[PDB]
Amino acid sequence: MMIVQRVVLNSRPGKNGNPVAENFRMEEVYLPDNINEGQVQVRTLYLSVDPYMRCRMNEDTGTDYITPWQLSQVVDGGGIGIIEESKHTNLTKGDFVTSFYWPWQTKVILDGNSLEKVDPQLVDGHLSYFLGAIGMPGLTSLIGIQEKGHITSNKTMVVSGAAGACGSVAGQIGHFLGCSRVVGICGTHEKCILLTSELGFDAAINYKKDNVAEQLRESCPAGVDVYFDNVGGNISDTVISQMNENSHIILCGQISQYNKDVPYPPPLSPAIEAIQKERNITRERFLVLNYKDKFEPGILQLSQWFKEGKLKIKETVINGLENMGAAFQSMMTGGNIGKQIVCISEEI
Ligand SMILES: NC(=O)c1ccc[n+]([C@@H]2O[C@H](COP(=O)([O-])OP(=O)(O)OC[C@H]3O[C@@H](n4cnc5c(N)ncnc54)[C@H](OP(=O)(O)O)[C@@H]3O)[C@@H](O)[C@H]2O)c1
Ligand SMILES: CCCCC1C(=O)N(c2ccccc2)N(c2ccccc2)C1=O
Ligand SMILES: CCCCC1C(=O)N(c2ccccc2)N(c2ccccc2)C1=O
Ligand SMILES: CCCCC1C(=O)N(c2ccccc2)N(c2ccccc2)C1=O
């Protein structure tokens, strides 16, 4: 048997704690030499890190559709790989495949029925895009905007988490689908420049260093019609206060709250909820997995926009399975521009 590397959950940060690289531990394990009928042996190429993973580090995730990671057991998440051996009738050696529950391990034996075969032509061979802009975050942005944005209209969109995986795509799609103005809120001036100089955002606001309320008044002079919310907390309170009658909050995530012992989705404060109700602002829970029937058209559209040169795809790649923990910590504290990716093998 050959020896491979895996990542297991080492320790929990606590419900109110910050996640750190040391919450994960690398181990070496044997990979069995044979696979059974219906299984495939896959070489892991890229793995995702994602904000939802924070709740998987707690003993109770607080959400009925996410299971907690278990101490000393292999971690899992979005991944893409290449089939090395197959005893599944619909998969063969050399196929590229994806799973939402890919073990954090360099080579894996999986049930073939749990994988989706993907076409590398859709990403011009850049496979890591299947974990970002031509993957779940891209789909979340496109389907979120389509289903919850009510964009036809010379509307103004605000995007929080604007320079992240979802946000960087959302702001571009807002322009593609008819917003006249798209304004981004993010955590660094470097990110602000990216948004306006490369991604076509009309304005960018650094929430750490800028006065968010007054910058939104200057950059959104006609108020806010659509809010693509990745962050929640005080930032969302500030945006909501400038939202128009009959506007829409695309409630994508609330990452400002993930290191706190509070339920998801978190309620708005009494003052901000009052504004929401008075202005008839809609704020419905959005779960991209409720729209799996739209993933095909979504991916095909994201791909087409990419290939046309319209959709600009940004990512931050760290190399090596040993860096999964560091990549997660980095993403959670804003180290990533666009999608955080970990490259697990050589790009061939
Ligand atoms: N509803 C769904 O089906 C669905 C699907 C996918 C993702 N989501 C949600 O979408 C959001 C974005 O996920 P992603 O994968 O695109 O991650 P991401 O935006 O690429 O990475 C997270 C970013 O969050 C920002 N951040 C971290 N802590 C913050 C804080 N306290 N306040 C403000 N910003 C903070 C950081 O950028 P800064 O430098 O700008 O702080 C960091 O780069 C998350 O809330 C996630 O749960 C939802
Ligand atoms: C409690 C986290 C809040 C937003 C959250 C969500 O419900 N999903 C989410 C939806 C269904 C199953 C699992 C998570 N994911 C998510 C992350 C990456 C890709 C897709 C969805 C999210 O980040
Ligand atoms: C997308 C890859 C497979 C994920 C699959 C799943 O595990 N959950 C899921 C997780 C736990 C319990 C039930 C389903 N749901 C799901 C569907 C809609 C909304 C939320 C989750 C899914 O679609
Ligand atoms: C949450 C994942 C559950 C399976 C899921 C998948 O990963 N892809 C999928 C593959 C690559 C990127 C994003 C999703 N698609 C999918 C996409 C387009 C057409 C058919 C299927 C899927 O339905």
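Residues: numbered from 1 along the sequence shown. Excluded from the calculations below are hydrogen atoms, water molecules and symmetry mates; all remaining heavy atoms, backbone and side chain alike, are included. Quick check of the header: X-ray crystallography, 1.9 Å. Each ligand, and each atom within it, is numbered from 1 in the order the structure gives.
Lab note: drug at ligand 4 identified as phenylbutazone. Lab note: most contacts to phenylbutazone (ligand 4) come from the chain UniProt lists as Prostaglandin reductase 2. Atom 17 (C) of phenylbutazone (ligand 4) has its nearest heavy-atom neighbour, among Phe295, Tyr129, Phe130, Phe100, in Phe295. Counting only heavy atoms, phenylbutazone (ligand 4) sits under 4.0 Å from the following UniProt substrate-binding residues in chain A: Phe100.
Here the heavy atom of the protein found nearest to atom 9 (C) of phenylbutazone (ligand 4) is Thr98 OG1, 4.0 Å. Checking atom 3 (C) of phenylbutazone (ligand 4) against the protein gives no heavy-atom contact under 4.0 Å.
Near phenylbutazone (ligand 4) (under 4.0 Å), the structure shows the other ligands and ions ligand 3 (phenylbutazone). The protein heavy-atom contact nearest to atom 6 (C) of phenylbutazone (ligand 4) is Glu116 CG, 3.8 Å. Taking atom 11 (C) of phenylbutazone (ligand 4) as the reference point, the nearest protein heavy-atom neighbour is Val118 CG1, 3.6 Å. Distances shorter than 4.0 angstrom occur between a heavy atom of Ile134 and an atom of phenylbutazone (ligand 4). Closer than 4.0 Å to atom 20 (C) of phenylbutazone (ligand 4) lies none of the heavy atoms of the protein. Lab note: no covalent bond from phenylbutazone (ligand 4) to a chain modeled. In summary, the atoms of phenylbutazone (ligand 4) found under 4.0 Å from a heavy atom of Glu296, numbered by their order in the structure, are 18 (C), 19 (C). In this structure, the binding site of phenylbutazone (ligand 4) at 4.0 Å (heavy atoms) is formed by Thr98, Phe100, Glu116, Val118, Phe130, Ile134, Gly135, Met136, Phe295, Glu296, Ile299.
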Between phenylbutazone (ligand 4) and the protein, find all N/O pairs closer than 3.5 Å and give the distance for each.
unit_1: phenylbutazone (ligand 4); atom_1: 7 (O); unit_2: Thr98; atom_2: OG1; d: 3.3

